[PDB]
Amino acid sequence: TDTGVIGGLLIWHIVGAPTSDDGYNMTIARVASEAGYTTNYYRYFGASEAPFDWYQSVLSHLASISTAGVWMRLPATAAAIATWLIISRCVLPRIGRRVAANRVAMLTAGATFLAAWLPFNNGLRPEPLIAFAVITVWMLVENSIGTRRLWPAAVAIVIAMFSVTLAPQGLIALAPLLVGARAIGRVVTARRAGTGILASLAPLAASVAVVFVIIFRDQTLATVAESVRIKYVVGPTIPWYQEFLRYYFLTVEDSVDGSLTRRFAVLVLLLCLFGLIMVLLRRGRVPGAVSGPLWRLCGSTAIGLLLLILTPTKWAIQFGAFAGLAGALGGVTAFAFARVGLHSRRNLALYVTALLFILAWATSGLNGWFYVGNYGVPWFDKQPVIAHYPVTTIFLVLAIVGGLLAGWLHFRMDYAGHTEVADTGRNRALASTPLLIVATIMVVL
Amino acid sequence: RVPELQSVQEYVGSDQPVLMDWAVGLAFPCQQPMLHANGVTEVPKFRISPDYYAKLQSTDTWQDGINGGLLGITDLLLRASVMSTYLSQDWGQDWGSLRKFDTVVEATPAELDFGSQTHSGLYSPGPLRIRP
Amino acid sequence: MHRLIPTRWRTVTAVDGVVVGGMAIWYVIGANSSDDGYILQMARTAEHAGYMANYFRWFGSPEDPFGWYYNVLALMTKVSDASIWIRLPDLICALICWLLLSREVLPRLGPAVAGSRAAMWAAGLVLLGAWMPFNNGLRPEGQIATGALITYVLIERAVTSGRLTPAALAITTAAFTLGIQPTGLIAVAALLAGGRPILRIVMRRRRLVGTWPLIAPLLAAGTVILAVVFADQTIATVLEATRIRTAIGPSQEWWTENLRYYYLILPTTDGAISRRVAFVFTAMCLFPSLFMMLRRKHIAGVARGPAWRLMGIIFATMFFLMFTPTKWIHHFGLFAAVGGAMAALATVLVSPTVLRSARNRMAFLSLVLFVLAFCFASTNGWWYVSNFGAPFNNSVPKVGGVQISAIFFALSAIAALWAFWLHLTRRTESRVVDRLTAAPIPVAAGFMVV
Amino acid sequence: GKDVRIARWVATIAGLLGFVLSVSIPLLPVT
Amino acid sequence: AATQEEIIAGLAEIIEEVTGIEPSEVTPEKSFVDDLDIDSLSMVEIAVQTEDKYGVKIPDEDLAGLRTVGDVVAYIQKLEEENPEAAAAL
Ligand SMILES: CC(C)(COP(=O)(O)O)[C@@H](O)C(=O)NCCC(=O)NCCS
Ligand SMILES: CC[C@@H](CO)NCCN[C@@H](CC)CO
């Protein structure tokens, strides 16, 4: 799986469409050498990128060696490789020993990671780094909760403060800290008799006090304030109550911003999250995986989705910061449902019809990428058809058929009684390949 | 100018046919609409509309001549002219607008010979003329 | 039957007077819908025309199968067409929905929902808040809501008594309320939600009489609205008019569903302060109650079947709201009764005797304040002439400098910080939370009604 | 000789013809 | 003869399915309308689900004379001791 993911991630570095903000950040990096500061070139009366410009400072030093797009997008592929290696060798072996030894769970985790990473993070945006910071703070908080220590929770805060300074939407790296604050406090209070409470909470505030060095390393306070004031009184911002505008931007007809790939990447994430939560509520646990870190893995995604209300801009490309959580959630979801659908014939039908309805909703959009990355893409201007019928209706009729089948299977537990289905080499083969088949299809597409 | 005014219920009676937009129906329950029977419609004398930003983008595009509508007949047959109207005691409020229809040429209605025929529940003389 | 008006109907509370007298004066001084003149002009000409045409559009094509209800207004307009007289079937329907919701649906959900006064207040106030801005005109949303409520009541009566006659009348009721508007599909949700306990009756009574004496009446009952739909029209003319309306009018294929919610978050007259309650006070009471019914399985006062069927109906309604040819906001008046029935269950589920920990109740209070802040973030404008003299008819309310949604957002943030502090220190026996978190939904609904 | 045997026929007949008569209303001559 | 503690245990599992009252409240001195708020429109459902599990037709002639759980246990006891035709075959 590592070989497959790294190969599909290295061949995408060459034949791959860039994002919308790759000419913007490149120009900012090229013109920031002179002019004395990291200026906003195309807007805001020459205002600076005052709070969010530590990444453009690195891009300005890379751009002095070569401006080739295959070299400037290099810090965005190392982040992807490191994210995948972390997900594969620190996260999945932590949730459980049997969830990482399953040969289908790892495959579907890799496929879901690819399907959630490819449509978003292939540019000069900070999302490839936010998605790595989130998953490297999660593992550090988990390394601090177990194996009781405090310095991992102090490095995690430094990494989170580096992530917050990338973009306004980068504050979702704080979620794995807010979710584990209670366990970290339980670890802290076990030292009150030995050392105290100051010698354990002073180094944790010294870590939060690094943003004042990161932001104000070249400019003053009255300058950052003026920059923010200009950006708020000039530029286009939307309030906190128009937050559904993001999910509307994602699902809109005739747009190269909400494609049939981004829709799939987001809907599969939502399905996995709200299926894992329902299985953890209905049944007390998921046998085989430790229910300790699983609750925190779900709460991190939930709080990260809830924190996206305070951002000023709400485009649909900002969903790329969850590509590290999606890969770790798809595998555990396909492992948890493998048993839930094996001992009941209607849960399998519900799972399959949910996947089919997600496919039906996703496939109703175009397959466009951007300005130039559209030259030769098959369905870049019309929604997909096979010969003459819209393929967005075949999936809908199939989903309705599956729903009727699930209803019929529900209407029979009063007459045929509760029936044990099976446990063989084939009955476990169709109960876990879903969400692998469709993910592989989307990746191949 | 110091205008001399008059009510609408008195100027426009309750007998003359009036083309009311689909928004102004409960505020004018005494005026008579423009009836139609046997495929032929009457000729209106006034047109009542909502305020500016509503008439501009909700009722002038809904009742358009190219999508059935009712403003496909009155643009071919009549000419519309705005009148000066004020809402009593609430000046500065936009209540809507009243218009006057003037004929292009003087013409009287037809007679429309009639007849009957029994179909069979599946008969269809052909499609309607919708778009070019 | 030993009597009519069963002994649980003959009771009078303080909520009945409030609801009745707050609807009987909103019927006089209250606002109206937007498509009132549209239906009035359609109905005042349908007798001279002879076929109940669509007056303003589509080359004079009729209401194709969905016209049996306007033929009642066409008859009412022979007496008079005053606004106070032509709007009676929207007051009679409101009274019927209150009667049913108060004396058939709440006592069915268990002796803990029909024993609490906060639940009755919540049901009444949410019914009022969802009925006021939507179902006071001539749009046929209150009629469809009343039909979908009668269907549920009849199916529950069939399940209770163990008979098929109410389950046979429910099919005719659902057919007739579907024959009103294409948005009437919300009535077959009540049939899908109650299919299992009706099969349990059919397969049990079929071993005494047979299958056909029980199935054929159920077919004659379902297939009887065709004689009313096709009384004047014909399948050929219906096909032609449908072709016209599809080729010209707004079609709005099913994957364009998100427009209905995109129109709600805009600060305009269509989505205003009063036109968001009907949906937010339904979702906010539906989702946490679902997540609480998932984990818990014995709540000591709630019947599981009738409580799950209601959530099933609400979700099936939200699903069936697709596939409709038009995506407007007026289609949110269909929740008038089901939201009132869901608020009364949420009020019991989040009570200090069911939710025992302080931080969960504090989080729910935070969510309530958050949805209030979302509600108060728009203008206070009404449609055509109800907008004359409104206080904040073309601007966001302000208490001076600062808006009102900002105050509720600050209060919600304070409540969330309080809940987080209760979470960190592992506290479950706070005392002021017991005062603050007793029936917050009735208060949040009475605020909007006032 | 029992009225249940009569009701069982009155429920199938006049319940089947009352259904085959409703699907023929859209298909019948009109003037 | 059926014991009282199984009659009550069989009635409580029906009362808990119909209404939702916990079976720790069903005692032989509780009234069906004052203490346990169970309207008669629920007593009809209880008498239907009783026959749908154990064949027992409680006619509405007698469904009104049951004011307490002791009345129910006495009625069942007397009808089962009178008629020796109690099948009790599942
Ligand atoms: C159901 C029952 C036999 C017992 O109820 P009761 O004991 O409370 O009077 C009796 O109330 C009855 O027959 N009710 C039928 C009347 C009804 O359900 N509705 C009346 C018109 S909606
Ligand atoms: C743009 C105006 C819209 C409503 O906003 N008209 C809705 C059409 N009204 C139907 C009747 C209620 C037609 O049959």
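Chain naming here is simple, since letters A, B, ... match the order of the sequence lines and numbering starts at 1 in each. Numbering of ligands and ligand atoms starts at 1, following listing order. Only a selected region of the deposited structure appears here, and contacts were counted within that region alone.
The molecule at ligand 2 is the drug named ethambutol. Bound to ethambutol with the most contacts here is the chain that the PDB entry lists as Integral membrane indolylacetylinositol arabinosyltransferase EmbB. Other chains in heavy-atom contact with ethambutol below 4.0 Å, by letter: B, C.
Measured on heavy atoms with a 4.0 Å cut-off, the binding site of ethambutol is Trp22(B), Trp62(B), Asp35(C), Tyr38(C), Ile39(C), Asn54(C), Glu63(C), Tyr70(C), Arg139(C), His330(C). Here no covalent bond ties ethambutol to a chain. As stated in the entry, the source of chain C is Mycolicibacterium smegmatis MC2 155.
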